[PDB]
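Simply put, chain letters go A, B, ... down the sequence lines. Per the PDB entry, chain A residues shown: 4-257, 265-543, in order. Chain B is numbered as in the PDB entry; shown residues: 1-258, 265-542, in order. In each ligand, atom 1 is the first atom listed, and ligand 1 is the first ligand listed.
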Amino acid sequence: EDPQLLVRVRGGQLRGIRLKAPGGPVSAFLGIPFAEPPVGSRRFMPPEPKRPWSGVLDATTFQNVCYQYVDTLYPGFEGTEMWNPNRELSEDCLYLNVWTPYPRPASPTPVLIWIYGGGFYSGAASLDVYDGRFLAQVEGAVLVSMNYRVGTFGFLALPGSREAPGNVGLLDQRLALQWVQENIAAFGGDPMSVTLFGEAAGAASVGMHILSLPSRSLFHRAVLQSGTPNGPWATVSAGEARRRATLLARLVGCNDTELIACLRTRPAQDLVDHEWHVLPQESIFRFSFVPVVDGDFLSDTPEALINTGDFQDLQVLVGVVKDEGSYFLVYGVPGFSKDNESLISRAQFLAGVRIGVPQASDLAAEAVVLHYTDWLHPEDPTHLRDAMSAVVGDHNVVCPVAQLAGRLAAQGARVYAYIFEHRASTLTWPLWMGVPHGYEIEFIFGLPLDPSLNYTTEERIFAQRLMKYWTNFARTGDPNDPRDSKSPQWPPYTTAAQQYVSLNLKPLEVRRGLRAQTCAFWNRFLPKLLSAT
Amino acid sequence: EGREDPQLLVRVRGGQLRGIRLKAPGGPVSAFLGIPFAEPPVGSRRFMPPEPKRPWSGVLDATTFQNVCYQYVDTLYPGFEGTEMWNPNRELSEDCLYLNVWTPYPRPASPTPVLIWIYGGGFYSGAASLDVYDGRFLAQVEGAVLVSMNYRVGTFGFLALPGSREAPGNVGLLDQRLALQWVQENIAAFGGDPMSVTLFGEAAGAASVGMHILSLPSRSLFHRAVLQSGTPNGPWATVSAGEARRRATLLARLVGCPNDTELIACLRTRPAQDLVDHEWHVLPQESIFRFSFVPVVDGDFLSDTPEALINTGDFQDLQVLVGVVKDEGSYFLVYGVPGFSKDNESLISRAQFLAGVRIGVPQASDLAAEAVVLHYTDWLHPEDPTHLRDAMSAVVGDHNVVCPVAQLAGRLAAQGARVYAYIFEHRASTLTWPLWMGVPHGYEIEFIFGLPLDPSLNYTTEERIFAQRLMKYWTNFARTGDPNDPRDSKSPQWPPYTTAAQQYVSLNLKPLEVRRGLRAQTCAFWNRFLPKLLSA
Ligand SMILES: C[N+](C)(C)CCOC(=O)CCC(=O)OCC[N+](C)(C)C
Ligand SMILES: C[N+](C)(C)CCOC(=O)CCC(=O)OCC[N+](C)(C)C
Ligand SMILES: C[N+](C)(C)CCOC(=O)CCC(=O)OCC[N+](C)(C)C
Ligand SMILES: C[N+](C)(C)CCOC(=O)CCC(=O)OCC[N+](C)(C)C
């Protein structure tokens, strides 16, 4: 019995496991329950805290993945499979994971809490790209990750109902945050220095905690990678949530109480079987069950809340990858595949814009087509294929990030912004997709430090830089290394100067204006258009 | 005669003429100035098509420029060369339908390609007698035969009650056409070749050239065309019949007149100055780069809108040279956008930019206007008053000249034309407008006409070499339909503009440089998106 691996939390005693990182050992405490299993009558309900347990609880292995859709597009292909469940699926899934240095930190240590993405319909904290041992070992971080409910189980809402009030997967996250406040000191973490970080739906999630008061007392700084609470996909109105839940109910054969009662009788997979039959249009970058503007967790729309918020004592790191849109084109737009170069026709480009901007009127779609067409090379298939990716990336991620970045800065936040431009040498998706959505994550987590993964030396040194920016941000709210004059400074993003940095193999470069002209189109003109069209 | 210069006596259909020997820097040229080509359009003949000149007896003195057609005189900046150079330099009269011919001295031996100039000035102003339209240098240096005509402007040229007998519209264009017919019948007497006639014009003059391309009866009267900083398509060059009627009727009210016969009869009693004095009160909006009396779509001279005619025309037989100056819009800002002056740097606020967009795009709805502001804003520096000033200039230049030209060039090339395109980017060293205006609308003309060859005008040496190059491109185009020198083969070539490659050339003090796409992205906004906005 190794006493570094024995921890007493409020609910009782835990035994972790010593893991091998390249540089030395780390302590891992995996599969720690933070809620009563949300099963049976508890399906669609807010989480309750985990009852205390007897003896020593085994925290040496990852727990089950929350019940979710499993991708079939390309069976056996790493590029897709690396996001799929790597443990058994279960509704009993509300567990979290802590990595700390071994031996446990001598003094209170800043805590990073990771919130995974997956369109709010998928994901797990157990995926290889979310492995906390490298940050723990190399930077001395205390790293936490939690499972939260996805799909119908986390986000099916009959707004105003007692029994499916909405947003319960966000409440799972909040409960894990409260758990860290109450317990993390036992592991050597500092509950007074907690930084949330997440990517895509997880970044959206972090943003929603920024915009929901009860969560604000549970963390100090935030990182939003390739996602925002504002924007076209991260939330639905109460009326639309109700529509989709009643449609799903109808499709599985089901007074809210009577309707939800019958949904609870249904096997998990029966619900997943009809998850993708409830969206209003043929779309990509659109998810059926997502956070709802309930007037409770979210008191108003994210837009309203970011415009009117006071963000004075907040620090935020935000950014995007170079090719946010490409990944999504192969899941919906005719002409696109990982197995060819996806050179497309102009006709195919117009059709793809209707699918990528599903809420666009005929005229708005035309405006999108006209803005993104290169009028020097209007029928060039390479240009049209890349234009399609940009439409999707800009509309869904880049322009929402620019918007958020600017509102936070204007309203007193300390903001830092990046664009991530390195394509991993070991990437299995084709070259045309460039640096796709999700593919900075393996670098921030420091996976290239594992020599068995076959990254280059240059990538390892890069990963080390990124780990430093992130953990320095966690420590001080400023990604800049205070043990460095030599390396170029990362300036705060401001609405005036609009400075952001490029994260790539070359040293930091400072740039101005995150797609400024194109995002004025999406952020300023299109709204005016359709609030008139 | 007996003691007169025998090389200055020429006969035309209407009778004998006596011209004058003028000095060009390189040597003498022959000028026949003030040749009547129509009966004076005065009295009962105001607003009516021109009738051809009845023959005169004896020798008509053709040694001085004749009257300028009755028109508005600019007094925005009295005594200032930049404005006065465009103002009338002879007496204003409704008796003004005269033309001018410059030829080599002695007159050429064999039939010589002819250039016909059509002036601009908003269809409300201009004269063939202005110094910048002096044909002596082209005639002497290139051996050209050059012809310029006065044509009626403003109400006199363009006021219309469409469908009427007494004011059918487009009579100023018919003035131009009669001058073209005159050239066909008479130019051989001067040594010109009526089988090689190239029209060229700037601004409203270029729009006029384009309307002759689009009007069948005009097309037998020339072979090739140059359109400088203007087009028949676009927001200003024409009005609909209903809009012409409304403007004509309002003007009649304003001067104390209101059945068409009766209304026109009463207009014909008004002093010409009374019409000019009320001419600017009939525009539908507060505006710049809009003119009250312009060509009307009458279903006669213009059988359909120019937009429709360029979309469906067959232009296989056509060779055209078209282009724009670097800063088409700047000139117009000082005539009505608050914040703008020739006497300061005209740095404006963002509020002043939105107000200026409404004046510069007066037909635009609120949504259209914000589309324009959003497109033209620099979102890295959305309140920089230097960018905002230059954006205002670009808005007006792009909307009225650059994108209409881009579109004209595109359609003509698609429909069979041989098109050559330029941007003119040299600012005259002697320009009296402020530096912020750049290369303003109309400031290429003095170079094409070769004024820098006159050393008394104080242009630089480089400017003189430059003018000689331009004169060569223009006259080579007149001669052959191709601006390229057939026996210079070392100097960089000017390729035709095509829809595929969208090639055009920079005209400046450096050797020709080929560029691609004439404001391709921005012109897609004006030419494709804004229209679609309108349709709902
Ligand atoms: C099918 N399954 C869901 C049960 C396991 C999927 O396996 C992986 O992709 C794990 C390896 C992985 O994460 O791939 C990316 C590794 N990388 C980025 C270091 C190359
Ligand atoms: C976490 N990650 C975002 C980095 C990987 C997500 O990958 C996707 O499948 C994105 C494409 C997508 O959302 O497709 C939905 C497929 N559908 C409709 C079958 C569920
Ligand atoms: C007063 N007026 C209306 C009777 C005549 C105005 O005179 C001029 O501006 C003639 C000078 C001129 O055309 O100068 C501009 C061209 N440049 C630079 C070659 C002299
Ligand atoms: C070179 N050019 C003769 C072709 C144009 C220069 O003349 C102008 O006045 C341009 C500005 C303008 O058109 O103002 C008209 C408005 N008005 C009549 C009220 C002065």
Okay, next thing: the drug at ligand 3, what is it? succinylcholine
For succinylcholine (ligand 3), which chain gives the most heavy-atom pairs within 4.5 Å, and what name does UniProt use for it? Acetylcholinesterase
Give the letters of all other chains that come under 4.0 Å from succinylcholine (ligand 3) at a heavy atom. B
So is B:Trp86 close enough to succinylcholine (ligand 3), meaning a heavy atom under 4.0 angstrom away? no
For atom 10 (C) of succinylcholine (ligand 3), what's the nearest protein heavy atom and its distance? B:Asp131 OD2, 3.7 Å
According to the entry, what is the source organism of chain B? Mus musculus
What part of B:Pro88 sits under 4.0 Å from succinylcholine (ligand 3) if we count only heavy atoms: the side chain, the backbone, both or neither? backbone
Closer than 4.0 Å to some heavy atom of B:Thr436 - which atoms of succinylcholine (ligand 3) meet that? 18 (C)
Give the residue and atom name of whichever protein heavy atom lies nearest to atom 17 (N) of succinylcholine (ligand 3), and the separation in Å to one decimal. B:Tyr465 OH, 3.7 Å
Among B:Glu81, B:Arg90, B:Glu452, B:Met85, which one puts a heavy atom closest to atom 20 (C) of succinylcholine (ligand 3)? B:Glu81
Atoms of succinylcholine (ligand 3), numbered as shown, that sit under 4.0 Å from any heavy atom of B:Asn87: 3 (C)
Could you check atom 7 (O) of succinylcholine (ligand 3) against the protein and tell me its nearest heavy-atom contact, residue, atom and distance included? B:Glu84 O, 4.3 Å
Which residues count as the binding site of succinylcholine (ligand 3) under a heavy-atom cut-off of 4.0 Å? B:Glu81, B:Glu84, B:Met85, B:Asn87, B:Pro88, B:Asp131, B:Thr436, B:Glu452, B:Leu457, B:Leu463, B:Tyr465
